[PDB]
S.K.: 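I have a PDB entry of etravirine bound to Reverse transcriptase/ribonuclease H; a few questions follow.
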Amino acid sequence: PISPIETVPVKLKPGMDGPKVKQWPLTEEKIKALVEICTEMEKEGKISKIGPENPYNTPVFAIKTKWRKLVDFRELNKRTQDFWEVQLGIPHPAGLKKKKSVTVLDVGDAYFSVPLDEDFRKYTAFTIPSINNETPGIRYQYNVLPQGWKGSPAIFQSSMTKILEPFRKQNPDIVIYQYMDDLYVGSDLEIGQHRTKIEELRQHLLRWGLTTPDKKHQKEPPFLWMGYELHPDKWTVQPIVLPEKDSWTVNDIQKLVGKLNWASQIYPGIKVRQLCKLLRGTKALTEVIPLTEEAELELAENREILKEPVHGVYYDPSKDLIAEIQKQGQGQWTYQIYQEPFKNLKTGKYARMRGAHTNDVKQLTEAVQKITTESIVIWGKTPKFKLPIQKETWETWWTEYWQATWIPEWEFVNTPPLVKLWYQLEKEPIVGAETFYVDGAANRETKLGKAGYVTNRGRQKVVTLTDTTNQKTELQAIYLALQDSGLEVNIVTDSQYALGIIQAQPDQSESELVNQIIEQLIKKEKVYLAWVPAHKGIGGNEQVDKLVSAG
Amino acid sequence: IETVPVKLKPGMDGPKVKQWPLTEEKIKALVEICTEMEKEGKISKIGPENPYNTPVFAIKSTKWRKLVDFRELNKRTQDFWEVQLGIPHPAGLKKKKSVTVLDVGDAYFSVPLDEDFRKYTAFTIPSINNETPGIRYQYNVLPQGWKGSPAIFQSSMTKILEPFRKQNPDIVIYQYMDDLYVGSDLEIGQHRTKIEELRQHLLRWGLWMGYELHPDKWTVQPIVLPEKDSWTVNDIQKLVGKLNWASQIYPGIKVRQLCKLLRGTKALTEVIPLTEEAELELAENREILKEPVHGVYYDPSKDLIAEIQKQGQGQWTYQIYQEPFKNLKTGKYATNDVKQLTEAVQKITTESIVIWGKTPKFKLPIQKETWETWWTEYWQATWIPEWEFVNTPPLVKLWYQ
Ligand SMILES: Cc1cc(C#N)cc(C)c1Oc1nc(Nc2ccc(C#N)cc2)nc(N)c1Br
């Protein structure tokens, strides 16, 4: 049928006229098939014949099985107004409430069942060519949503939403999820009281031009839905098989990380890092990558987790969400979110370096922030966290750090490894500690550098480096003070950059140097680090600067 | 009435801005509110043929109020609300003893909006877990939040205030977005009595910061140089850096003398005694830094930018400037970081409006996502300034108190 629902106005893009594409001459097979498909559509009101006054055209093709009309709306789409995105996201099983019985209905010839704005129909005109293009073709245009047109998806969904509006009001108990041609219906009614309410809907949809399949052509649990396996009072992910392969191609690793990644929504502690490292370096999709020990190490740990099935629970809007995070390695965090202890709603992982250097405490907060947004999306509320960091470690960090950081309701849970800052810089200079005025120069053109220091106890060292920048040198100069120095040291520098890095208490870096420097700072008992302006003739800055200025 | 035609006009197309996620309770508040607004004919459901979108949130004391982010729309309508229907800003306003901010946005709900503009005021209430498709509306009447609304209404705003202004000629009244700024050198009870008087004019016709503001009490925070009995090498270095930085904003600063003080390669802990001239310089700089910057003037054609630094222990510092480091006002503000930060942001923006008739672009020391998640929780204004996220370079922190 063709819903009675009022149409949606549509318009071409402002500076644009409708398309006038040439119909390439077709083969007779195809001519015949089109004529055939077109009469039948014509007979159900889907298309109407038109004259040669209508000056718009699009191409038509037919592919085989049995014949199918393919129209090419490349031009009309490029030429038609933009629209609002259909759906802004896809529900997550963790967010769903449990249901006693569910039914999945499929709408038949969905687009062809919804009318096209009269004013717009003109532009959909297309032409069945005559054998060898001797004579005028047959011209038709659409009276309904065509397949492949830019507007069909959106307009269908609005239409369907308008059509459902009343029925939902009338049936607050029941729930319906609209995606594409499909409707997904559920209730906590018992199988016969449900089945009736399905019917009121099916009739309801017919009353509006939308047909569906008959009272015993409809599924029973478990439902397979958007890669999930949905059961009435639980859910998990469609079944994951990790291949046994003696040889792994890029493509094979790519797809595996995909599956593992997908798997991590419910299986705790999936890790994918060492597998992803294999993917660095642009290699062919068919190139075989030797597994490293650590990737192999990882691949088995994943297999253990997967061997026995895991399921997740649905959401209960009366209880609170509790979210736990654990550190599962360097840069690797894993979390689980639940409402009753260990009945997991969902699971997941975070492993993201923001910037160049970072510390566990920062990472934990980034992780909290990610889960917080994620919960707003799925449950409309944020959780209570259960973090592996002492309140006092957290207190120390936030107050003395210069970025604003804030995490909501939480508690320390003792689930090691614990988050800790591994060194803290002093706040005041250290008496009876040597003072290293450090510096670094680099010729911008030879790229040689010089890294050095001078001290208040007389020492002077000045090494020579090769292909490095000003930045690297002023960092090599700090590494040096920390190597040659004792357990307590004061270190003075003119680089704001170096200060930056280090003042932030990194414990992880993308620089090998900074990782050397971190090692050193962990060994010290005390460090104090101070800054002065370059080239201002300062006591001691001036002296290292001379020593370091050849090249 | 008949509706003022509006235009974006060239090849700026309207706003297509994602809707940030909202908590269950905010969403509810929003449907409760928008069912009424539809009822009263203020907004209408729209269909998919409207590709435009502007984000909305809800805010609070006891009732929820709806707030819409027209930041983009404002940006893309600039020629109309600024050059084609400008509201001049009075310089007099900061000079007043007491300024009171009054919400008048409920006025704009009476004027209708140019039918061919409405499409651009589209917003979406979204749904938990993406279960439903999310209710789409658009404005039929002037919206609160869009700088076009007071542009249109000023013709009306002027008639309403005519008598009050005629009878109170030393009271200065300024309109920024949904608010009226009302300034007097009156005594407070009088200032306050005149405010009630003003409210009643409005009531026929249809209608952090504590209470009023006090712009004549708005002195900049000097860069402050510790006074010290005793000086260490460290302390001088800190002092030299802190002055050497100040030199590049303040004309007249000198350090020479203290650099003398730092002669050799010495220990930081080592103390070093104040010179004749060294001391002389210090107090001479102290003097410069107290008085504002010589050379820096507001250019209305450049954007105002605002930096903020977390000073620890509930304290924040801030600077407004157009060209970097050339400060036009510097300041200070005094239970959790984000809350405090959003208060400072509102404070700084409020002053900024009083002084220049324009909001600053903020450089916020916080992770984007933290901020986006949490800002709406404490926010209480009806505008939203523009903002970017930035890492506070750790010295600038130090150079401001
Ligand atoms: C009803 C339904 C079925 C399928 C499908 N397929 C997919 C979706 C998104 C569905 O919508 C919802 N389902 C549920 N819970 C739920 C509970 C059990 C089962 C099962 N078995 C399925 C869904 N809650 C909702 N609010 C919505 Br909306």
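Order of the sequence lines fixes the chain letters, A, B, ..., with proteins taken first and strands second; residue numbering starts at 1 for each chain. Order of listing sets the numbers, starting from 1, for every ligand and every atom in it.
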S.K.: So, around etravirine, which other chains have a heavy atom under 4.0 Å away?
M.R.: A, B
S.K.: Tabulate residues with any non-hydrogen atom nearer than 4.0 Å to etravirine.
M.R.: A:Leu96, A:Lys97, A:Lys98, A:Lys99, A:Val102, A:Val175, A:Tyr177, A:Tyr184, A:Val185, A:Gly186, A:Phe223, A:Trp225, A:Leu230, A:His231, A:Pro232, A:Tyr314, B:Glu131
S.K.: What designation does the entry use for chain B?
M.R.: p51 RT
